[PDB]
K.L.:
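This is the structure, below, for whatever I ask next.
The chain is numbered in sequence order, starting from 1. Just follow the structure's listing: the first ligand is 1, and inside any ligand the first atom is 1. Computation of the quantities below employed the complete heavy-atom set of this structure, encompassing side-chain atoms and omitting hydrogens, waters and symmetry-equivalent molecules.
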Amino acid sequence: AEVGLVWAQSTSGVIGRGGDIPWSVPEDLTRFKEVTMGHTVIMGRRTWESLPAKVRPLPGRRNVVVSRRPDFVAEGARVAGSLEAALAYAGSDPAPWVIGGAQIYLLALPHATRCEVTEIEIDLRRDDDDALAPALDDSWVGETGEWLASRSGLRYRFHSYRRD
Ligand SMILES: NC(=O)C1=CN([C@@H]2O[C@H](COP(=O)(O)OP(=O)(O)OC[C@H]3O[C@@H](n4cnc5c(N)ncnc54)[C@H](OP(=O)(O)O)[C@@H]3O)[C@@H](O)[C@H]2O)C=CC1
Ligand SMILES: COc1cc(Cc2cnc(N)nc2N)cc(OC)c1OC
Ligand SMILES: [Cl-]
């Protein structure tokens, strides 16, 4: 099983602020759908909460929420008490995806063999309570696309990385 991580970050490494994603780049949500469609999507409890209620569970995917609380309620999702448990509920899924947030990416990173990153050209100065992207060392190899204009007026680009 190829455990993948998918996220969007500013160039500075911010993925979340004030419980939200601090930009609007539609092309990123489209990409996210394209990558994750048909697979398990594993998320931390706070990410689950960040999603608008009507958008969740994410359709066409098996949703899993990681919590320490074995009685946590996620309507339309399986709740798991660890990342290892989350990966077990993925079953025979050949390519489960971890979809955030900061805490869960760090948990998953040792299992991961693929990362799909959208970089957003926005000037965000890291605050103390920002959610931050994991750093990838050079065991990770891949390709970086060209800068693209979003409908938003910001630029973005895709990075695809893998390791054995
Ligand atoms: N730009 C992007 O690509 C994305 C951005 N985000 C943003 O990221 C932020 C959320 O990230 P973050 O705050 O780090 O939270 P997470 O989504 O990573 O969830 C953290 C929670 O996961 C549970 N948890 C953590 N570690 C463990 C463990 N070892 N075992 C079991 N459960 C565990 C806990 O839930 P509990 O307390 O219930 O036990 C904890 O509160 C939001 O702002 C969101 O909008 C999210 C997804 C993608
Ligand atoms: C489809 O809507 C959402 C998707 C995500 C997760 C996510 C979004 N973009 C990327 N590139 N990777 C991800 N893991 C996170 C969200 O909010 C925190 C979303 O709603 C706004
Ligand atoms: Cl990067």
K.L.:
Write down the macromolecule with more contacts to ligand 2 than any other chain, named per the PDB entry.
P.N.:
Dihydrofolate reductase
K.L.:
So what's the drug over at ligand 2?
P.N.:
trimethoprim
K.L.:
Can you tell me which portion of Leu51 lies within the under-4.0 Å heavy-atom range of trimethoprim? Options are side chain, backbone, both, or neither.
P.N.:
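It is the side chain that touches trimethoprim; the backbone stays farther off.
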K.L.:
Nearest protein heavy atom to atom 4 (C) of trimethoprim, by residue and atom, and its distance?
P.N.:
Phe32 CE2, 3.9 Å
K.L.:
Checking a contact table here: which protein heavy atom is nearest atom 11 (N) of trimethoprim, and how many Å away?
P.N.:
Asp28 OD1, 2.9 Å
K.L.:
Any idea which protein heavy atom is nearest atom 14 (N) of trimethoprim, and the distance to it?
P.N.:
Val6 O, 2.8 Å
K.L.:
Which trimethoprim atoms, with their elements, are less than 4.0 angstrom from a heavy-atom of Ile99?
P.N.:
6 (C), 14 (N)
K.L.:
Return a yes/no value for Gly100: is any of its N or O atoms, backbone included, closer than 3.5 angstrom to an N or O of trimethoprim?
P.N.:
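Min N/O separation from trimethoprim is not below 3.5 Å for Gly100.
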K.L.:
Would you mind checking which non-hydrogen protein atom is closest to atom 2 (O) of trimethoprim, with the distance to 0.1 Å?
P.N.:
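Scanning the protein heavy atoms, the shortest distance from atom 2 (O) of trimethoprim goes to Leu29 CD2, 3.9 Å.
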K.L.:
Is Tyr105 touching trimethoprim with its side chain, its backbone, both, or neither, if touching means heavy atoms under 4.0 Å apart?
P.N.:
side chain
K.L.:
From atom 21 (C) of trimethoprim, is the closest protein heavy-atom distance below 4.0 Å?
P.N.:
no
K.L.:
Would you mind checking which non-hydrogen protein atom is closest to atom 18 (C) of trimethoprim, with the distance to 0.1 Å?
P.N.:
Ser50 OG, 3.4 Å
K.L.:
Identify the closest protein heavy atom to atom 15 (C) of trimethoprim: which residue and atom is it, and at what distance?
P.N.:
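Among all protein heavy atoms, the one nearest atom 15 (C) of trimethoprim is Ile21 CD1, 3.6 Å.
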K.L.:
Check each atom of trimethoprim against the heavy atoms of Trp7 and keep those under 4.0 Å away; list them by number with element.
P.N.:
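Matching atoms, with element in brackets: 10 (C), 11 (N), 12 (N).
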K.L.:
Mind pulling out the residues near trimethoprim? I'm using a 4.0 Å cut-off on non-hydrogen atoms.
P.N.:
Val6, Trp7, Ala8, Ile21, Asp28, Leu29, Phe32, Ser50, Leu51, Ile99, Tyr105, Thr118
